[PDB]
Amino acid sequence: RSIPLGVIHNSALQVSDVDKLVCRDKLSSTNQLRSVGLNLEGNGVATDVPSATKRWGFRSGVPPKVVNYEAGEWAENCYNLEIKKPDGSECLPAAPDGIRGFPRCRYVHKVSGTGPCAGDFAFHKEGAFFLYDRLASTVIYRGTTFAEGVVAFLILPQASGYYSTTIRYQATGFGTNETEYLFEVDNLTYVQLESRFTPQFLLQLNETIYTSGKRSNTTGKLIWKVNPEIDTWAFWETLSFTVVXXXXXXX
Amino acid sequence: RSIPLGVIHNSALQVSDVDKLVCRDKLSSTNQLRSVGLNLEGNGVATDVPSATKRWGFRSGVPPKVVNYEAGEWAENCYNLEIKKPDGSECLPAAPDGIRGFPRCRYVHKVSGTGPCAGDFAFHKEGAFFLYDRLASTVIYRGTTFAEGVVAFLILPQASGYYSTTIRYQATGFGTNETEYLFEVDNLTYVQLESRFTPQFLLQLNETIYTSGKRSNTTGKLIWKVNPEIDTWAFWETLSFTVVXXXXXXX
Amino acid sequence: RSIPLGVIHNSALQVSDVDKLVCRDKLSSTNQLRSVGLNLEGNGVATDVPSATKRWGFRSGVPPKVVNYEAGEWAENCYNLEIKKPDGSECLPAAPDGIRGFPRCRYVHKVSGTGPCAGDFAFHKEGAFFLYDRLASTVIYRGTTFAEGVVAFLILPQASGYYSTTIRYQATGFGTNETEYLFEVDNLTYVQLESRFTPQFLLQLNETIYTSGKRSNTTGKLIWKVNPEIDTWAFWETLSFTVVXXXXXXX
Amino acid sequence: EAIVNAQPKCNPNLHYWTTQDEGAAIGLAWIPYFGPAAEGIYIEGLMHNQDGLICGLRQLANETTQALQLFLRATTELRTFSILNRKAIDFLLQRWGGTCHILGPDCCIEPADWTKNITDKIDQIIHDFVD
Amino acid sequence: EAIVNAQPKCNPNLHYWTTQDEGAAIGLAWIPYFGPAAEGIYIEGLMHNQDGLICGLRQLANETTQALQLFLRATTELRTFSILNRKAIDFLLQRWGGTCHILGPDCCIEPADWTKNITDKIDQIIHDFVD
Amino acid sequence: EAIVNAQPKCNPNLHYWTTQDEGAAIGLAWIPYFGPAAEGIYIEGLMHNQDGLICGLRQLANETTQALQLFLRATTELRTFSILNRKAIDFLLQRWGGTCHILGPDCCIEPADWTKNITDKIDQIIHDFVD
Ligand SMILES: *[C@@H]1O[C@H](CO)[C@@H](O[C@@H]2O[C@H](CO)[C@@H](O[C@@H]3O[C@H](CO[C@H]4O[C@H](CO)[C@@H](O)[C@H](O)[C@@H]4O)[C@@H](O)[C@H](O)[C@@H]3O)[C@H](O)[C@H]2NC(C)=O)[C@H](O)[C@H]1NC(C)=O
Ligand SMILES: *[C@@H]1O[C@H](CO)[C@@H](O[C@@H]2O[C@H](CO)[C@@H](O[C@@H]3O[C@H](CO[C@H]4O[C@H](CO)[C@@H](O)[C@H](O)[C@@H]4O)[C@@H](O)[C@H](O)[C@@H]3O)[C@H](O)[C@H]2NC(C)=O)[C@H](O)[C@H]1NC(C)=O
Ligand SMILES: *[C@@H]1O[C@H](CO)[C@@H](O[C@@H]2O[C@H](CO)[C@@H](O[C@@H]3O[C@H](CO[C@H]4O[C@H](CO)[C@@H](O)[C@H](O)[C@@H]4O)[C@@H](O)[C@H](O)[C@@H]3O)[C@H](O)[C@H]2NC(C)=O)[C@H](O)[C@H]1NC(C)=O
Ligand SMILES: Fc1ccc([C@@H]2CCNC[C@H]2COc2ccc3c(c2)OCO3)cc1
Ligand SMILES: Fc1ccc([C@@H]2CCNC[C@H]2COc2ccc3c(c2)OCO3)cc1
Ligand SMILES: Fc1ccc([C@@H]2CCNC[C@H]2COc2ccc3c(c2)OCO3)cc1
Ligand SMILES: *[C@@H]1O[C@H](CO)[C@@H](O)[C@H](O)[C@H]1NC(C)=O
Ligand SMILES: *[C@@H]1O[C@H](CO)[C@@H](O)[C@H](O)[C@H]1NC(C)=O
Ligand SMILES: *[C@@H]1O[C@H](CO)[C@@H](O)[C@H](O)[C@H]1NC(C)=O
Ligand SMILES: *[C@@H]1O[C@H](CO)[C@@H](O)[C@H](O)[C@H]1NC(C)=O
Ligand SMILES: *[C@@H]1O[C@H](CO)[C@@H](O)[C@H](O)[C@H]1NC(C)=O
Ligand SMILES: *[C@@H]1O[C@H](CO)[C@@H](O)[C@H](O)[C@H]1NC(C)=O
Ligand SMILES: *[C@@H]1O[C@H](CO)[C@@H](O)[C@H](O)[C@H]1NC(C)=O
Ligand SMILES: *[C@@H]1O[C@H](CO)[C@@H](O)[C@H](O)[C@H]1NC(C)=O
Ligand SMILES: *[C@@H]1O[C@H](CO)[C@@H](O)[C@H](O)[C@H]1NC(C)=O
Ligand SMILES: *[C@@H]1O[C@H](CO)[C@@H](O)[C@H](O)[C@H]1NC(C)=O
Ligand SMILES: *[C@@H]1O[C@H](CO)[C@@H](O)[C@H](O)[C@H]1NC(C)=O
Ligand SMILES: *[C@@H]1O[C@H](CO)[C@@H](O)[C@H](O)[C@H]1NC(C)=O
């Protein structure tokens, strides 16, 4: 079960290692060999913060590992975590020297909060990698933007600007069955997050709150709850405010 | 004097680099190339703590070096050192990231104590390596289990559970001509160590002390001395208690 | 624009990558491949401290990079910087593990002082490298002796002791248009430095000050200024003292 | 084997980023002091699903993970940069690591043009036979 | 050279440990989150001194140390992982780094089967000679 | 291309330092505990400008910088040790990465000695023709 290698035969991609190669297949340079990273986004996985975080878990006893890749895919959703334990200690390690954030992210979901963090490192429960700047890791680094993805290896044949937007979230019970999320309008105005909410809906809801004047006008916390009446697949193929801590409802 | 390479010719192992190779000798994959580590145990060296520690010495001005190996040998004796100077400062560096203890050790001789440590790093006086988890180093790391060994490089032809026991020792004048060792029965009961003592004899002596009730029943230190009447080669081919600090004799 | 490779054809050096090579050109071993470092000294650049420091500048946003080389050139002038900001914070990073000073330096110009240091790392403004012990870096490390140089890659054909002298300088406004330098005779005796001063002239001037008794005989600072009457190309092809802080003139 | 995309969805278009390792430098832009910061070293391109290459790439990277993860578990390097270099070496070893038996299936030596250099230069003796 | 064990003793049996780099993964065991910890990634085996291989291995590793230590002194890598890859490259360079003169001692090209493809296909002209 | 030194000056002599990677060890000097410190591992030599090699080397290293700096910008390795190994691999791939068409310009196979093994052993049939 050696590392598969992508090669083009009969106008079709297929796996074929250096030993399953015919004499006609020609490799003139290491330039023809390329490592690439593909985003789990492109396979149809749910990208909302509640769904994405449940694919990650904490585990001890497994040393982290890093492998480089040369080309990556522009991501719609990336993630940046600042998680602490309830006693204030850090759950995630600082980024090692030379590991920078994923370079192309339309939306960076920055999640800050708390959780038990029963493990030395946070891994991907489905075996995928956390993609950084041309480096893929098995673990999550603190405050470092990543995209979920996997790596492929290829033998090549011989042969819109960049906009990024940060979306901030508060979390409690991170990495558990009972995890609560809040979308941050400002430091005092929050919205109870659900998996149905798309990035564009969060930004429009946040704009509506500002442009209509529904931010907290006190020193206390204001949590808006969207009622299920307001509805919200793949990214590439596409109100009245009442107050009742200070919970409220948006109809 | 390039790095020798092991190859099998005429039903016999011999050294023969890539340039001393005949056209019949065939190398179809890097899988045929293997780096292995062999323990100094297998050559008949004395493995007791007094004899083993005298093969190591402290030296400054020589940067440490590390080389990996892929396969190792199950060891009977491994060593784990926590040595400080008399002023409390550490003599050995913390293990670098990714360097773990030797994975197969029947007996781990854990030695804690003091010495002058006249050198930045501790090297092997006979040029051998300190074998860790698939990594061989020229120096000793603090509190990290290692076996003494050497590395070989091979061209392969095309073609009992794991029990571990820790034995604890106290040391004074470590790394000198006048080094004293004490086998630890508990935090208050000790035995003056001599090179004649095998691991199995130390564990049986320690069991006898517990099962007969000869541990210290005060807050002071109890040092048992075995008299030369009680006798104790290769590992693979095989009483009355009187008290007189608190020294004593076991007949 | 791949990395050029030096090869000898028709009794002359020339660039020719592995793909521009004829079948007669033969490479029997990786031993024939060599990376070497050549000093900017050998091309005729000014080596005095005022001229050399202006080729270096501070910049943020560019990660440092390191590449090794196997053979280097004996240098006449090397440099060793201990620069802080006026608030006392360090301007240069500590040398990473395994990076030592350039091994052959006739004169080590050790410059200590202050500057604004408007950048995370100090780079070579002309794209050259800072040569350390068999490692070339794009940035300057704190207190680590380096020579300015560049790297070449070669295919080889099949086929006076070491004296070092440290010259110490004080600096203000380091890395700016208005930078002042002082050659240090002792902790209280200094000479205003100019680009005209060669290393041999600084050592002779320093000897004259000691052997004639012109060091500061108080607790205050004594700055000697050489008047333009006293004159001072390539290194390989070659008085009355009046006092007027305490400035003075040497005629 | 041939690859079969078995994912719930496939984005048939690949908007990619990479680095021009040695792109035509413009003046002083190659000097690190003057060149771009870490965020500005990237080029971009857009690829479409011609010959089903994009959906094949996504499945390939998916199927590569198990072997890649097992390789990472067995290595002690903290960061692995040598996978492609070793694959290039293994490419050469499978073809040239032994004796090349000409006209054999595992020997990539074509004597075509020059079998037609012996079999046509026989006519310099067989009928240059002037008796 | 041939190796001569010159050690005081030899353990003729080799109880070894290594890693199955890509062993047949069992379900989810390849996923780092679910897989074994650092202590449980090892396989074991037992080898005996057939052809004197074990006592030869011990002497070989002993005799390798001087050259290995001198190589480590001369390198600036803190951790060396490339010794075997460079030996594979040097294997190919000694055989294929120059022009392969067929039938020469340093050219590993066997034209055996196909010399018997020319020397037997001469019979398509020499006696297909119908006059 | 050929190199043209375009520097203001050239030191035509090269007083160099390097490491004897495996020099004839003297007794115990190869043991790190007994061997030299970091400052004493160097050998020295002196080279002169025969065939203009020294002034060519200085210009070569000068002209190498742009491509080297761009390579360093594009890599994520903090320290690069693999440039020469990859150049050795690319040497072999350009010569042996495809099918070697004998007598072709890109195939470094010389059948010289052994064309004179067929064309002279024709005389074992053409005039060993006893009728
Ligand atoms: C490569 O692509 C594969 C196919 O897309 C990926 O397969 C995924 O593998 C993970 C395990 O690592 C599966 O997760 C499990 O899902 C089951 C079932 O989850 C729910 O969904 C089904 C319908 O799909 C529903 O009927 C059930 O009642 C469940 O409510 C859970 O029980 C497990 O605990 C675990 O979460 C994925 O389901 C599976 N996806 C698919 C589409 O089959 C594979 O992970 C990819 N490899 C990498 C490295 O990314
Ligand atoms: C590879 O195997 C070799 C053979 O097993 C190893 O050779 C060993 O080399 C070391 C030096 O590094 C020697 O240690 C020296 O020993 C002498 C003498 O010690 C006492 O022993 C003799 C009898 O053997 C006795 O007659 C003397 O009076 C001594 O009392 C000391 O004087 C030195 O100071 C130093 O300690 C070993 O003796 C030697 N062993 C053998 C069996 O020859 C070699 O080290 C191995 N290489 C590696 C890398 O492990
Ligand atoms: C490889 O060798 C090349 C030739 O030796 C090096 O070329 C050098 O490139 C740098 C730019 O990186 C130039 O520096 C510039 O100089 C100009 C002019 O400076 C003064 O000198 C001229 C006469 O030479 C004078 O007439 C002017 O009025 C100036 O007073 C400045 O304006 C720029 O700001 C910048 O400093 C060097 O001048 C140039 N040298 C030569 C001899 O052409 C090249 O740097 C080398 N590569 C490496 C990597 O070292
Ligand atoms: F690193 C490199 C790989 C391939 C090239 C190709 C060279 C020819 N022109 C098209 C380029 C295709 O780039 C790809 C292919 C698969 C990818 C990818 C980008 O991102 C994630 O999966 C350039 C650079
Ligand atoms: F890394 C690898 C080396 C060799 C294999 C071989 C493959 C075939 N089956 C037997 C295996 C022998 O393993 C060895 C040989 C010498 C050793 C050793 C183990 O430990 C210290 O010295 C597997 C893995
Ligand atoms: F690393 C090595 C490179 C070349 C050798 C050559 C082997 C044969 N005898 C002469 C040696 C020349 O050494 C050089 C050449 C160019 C240089 C250099 C030294 O310093 C900066 O630029 C030894 C070691
Ligand atoms: C999480 O909560 C649910 C509540 O239904 C429970 O069934 C589940 O066991 C909990 N998870 C764990 C790991 O205990
Ligand atoms: C919002 O909170 C963050 C985190 O404490 C803080 O850094 C930031 O300054 C706050 N913003 C305002 C406007 O107070
Ligand atoms: C929310 O709306 C305000 C008002 O324009 C804007 O400044 C802010 O950036 C928005 N938040 C996000 C996350 O875009
Ligand atoms: C005061 O706060 C309420 C929320 O409690 C908000 O809806 C309202 O717009 C605020 N009033 C003004 C004048 O901003
Ligand atoms: C250690 O002590 C012995 C006592 O006989 C002495 O001969 C020897 O010189 C001492 N070692 C050193 C290094 O002084
Ligand atoms: C024995 O001593 C060690 C070291 O101080 C300590 O960690 C351990 O707790 C002690 N054991 C007991 C039973 O006190
Ligand atoms: C000594 O004997 C006691 C009593 O059984 C046991 O608990 C302890 O582990 C023994 N010590 C060692 C080092 O085995
Ligand atoms: C008390 O201590 C002595 C050692 O001084 C020991 O031999 C004896 O067994 C102890 N007595 C009991 C009752 O444990
Ligand atoms: C440095 O000072 C000179 C004085 O003539 C001035 O012309 C120049 O602009 C200054 N440099 C900068 C970067 O401002
Ligand atoms: C000169 O100054 C340096 C730096 O403060 C100091 O280390 C050194 O001891 C001083 N020398 C004397 C003779 O005081
Ligand atoms: C300056 O001269 C004194 C007197 O001999 C000497 O000790 C000192 O080393 C000299 N300074 C330098 C930098 O050589
Ligand atoms: C006292 O200091 C002056 C400089 O101010 C110096 O030239 C003179 O030689 C010193 N006198 C003695 C006796 O050292």
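Chain naming here is simple, since letters A, B, ... match the order of the sequence lines and numbering starts at 1 in each. For the numbers below, each heavy atom of this structure counts, side chains included, while hydrogens, waters and symmetry mates do not. Order of listing sets the numbers, starting from 1, for every ligand and every atom in it.
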Participant: Name the macromolecule with the most heavy-atom contacts to ligand 4 in this structure, as the PDB entry names it.
Facilitator: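 Main binding partner here: Envelope glycoprotein,GP,GP1.
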Participant: Any chance you know which drug is at ligand 4?
Facilitator: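 You're looking at paroxetine.
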Participant: Using a heavy-atom cut-off of 4.0 Å, list the other chains contacting paroxetine (ligand 4).
Facilitator: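 Those reaching under 4.0 Å with a heavy atom: A, D.
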Participant: If you draw a 4.0 Å sphere around every atom of paroxetine (ligand 4), which residues of other chains have a heavy atom inside it?
Facilitator: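 At that heavy-atom cut-off, the residues are A:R34, A:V36, A:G37, A:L38, A:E70, A:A71, A:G72, A:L156, D:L14, D:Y16, D:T18, D:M47, D:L57.
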Participant: Could you list which atoms of paroxetine (ligand 4) come closer than 4.0 Å to a heavy atom of D:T18?
Facilitator: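 Matching atoms, with element in brackets: 1 (F), 24 (C).
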Participant: Would you mind listing which atoms of paroxetine (ligand 4) come within a distance below 4.0 Å of any non-hydrogen atom of D:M47?
Facilitator: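 Answer for paroxetine (ligand 4): 12 (C), 13 (O), 14 (C), 15 (C), 19 (C).
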Participant: List the closest protein heavy-atom neighbour of atom 21 (C) of paroxetine (ligand 4): residue, atom name, distance to the nearest 0.1 Å.
Facilitator: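 Minimum-distance protein heavy atom for atom 21 (C) of paroxetine (ligand 4) reads A:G37 O, 3.3 Å.
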Participant: In terms of atom number and element, which parts of paroxetine (ligand 4) are under 4.0 angstrom from non-hydrogen atoms of A:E70?
Facilitator: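 Close to A:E70: 1 (F).
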Participant: How does the deposit refer to chain D?
Facilitator: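 The PDB entry has it as Envelope glycoprotein.
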Participant: Just to confirm my output: which protein heavy-atom neighbour is closest to atom 10 (C) of paroxetine (ligand 4), and how far is it?
Facilitator: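 Heavy-atom neighbour on the protein nearest atom 10 (C) of paroxetine (ligand 4): D:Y16 OH, 3.8 Å.
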Participant: As a test of the contact definition, would atom 16 (C) of paroxetine (ligand 4) count as having a protein heavy-atom neighbour under 4.0 Å?
Facilitator: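 So atom 16 (C) of paroxetine (ligand 4) has protein heavy-atom neighbours under 4.0 Å.
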Participant: Please list the nearest protein heavy atom to atom 6 (C) of paroxetine (ligand 4) with its residue and the distance rounded to 0.1 Å.
Facilitator: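 Ranking protein heavy atoms by distance from atom 6 (C) of paroxetine (ligand 4), first comes A:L156 CD1, 4.1 Å.
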Participant: Among protein heavy atoms, which sits nearest to atom 24 (C) of paroxetine (ligand 4), and what does the distance come to when rounded to 0.1 Å?
Facilitator: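 Among all protein heavy atoms, the one nearest atom 24 (C) of paroxetine (ligand 4) is A:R34 NH1, 3.3 Å.
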Participant: Enumerate the atoms of paroxetine (ligand 4) whose separation from the nearest heavy atom of A:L38 is less than 4.0 angstrom.
Facilitator: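 Paroxetine (ligand 4) atoms under the 4.0 Å threshold to A:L38: 21 (C), 22 (O).
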Participant: List, pair by pair, the atoms of paroxetine (ligand 4) and of the protein that are both N or O and lie under 3.5 Å apart, giving the separation rounded to 0.1 Å.
Facilitator:
from: paroxetine (ligand 4); atom 1: 20 (O); to: A:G72; atom 2: O; distance (Å): 3.4

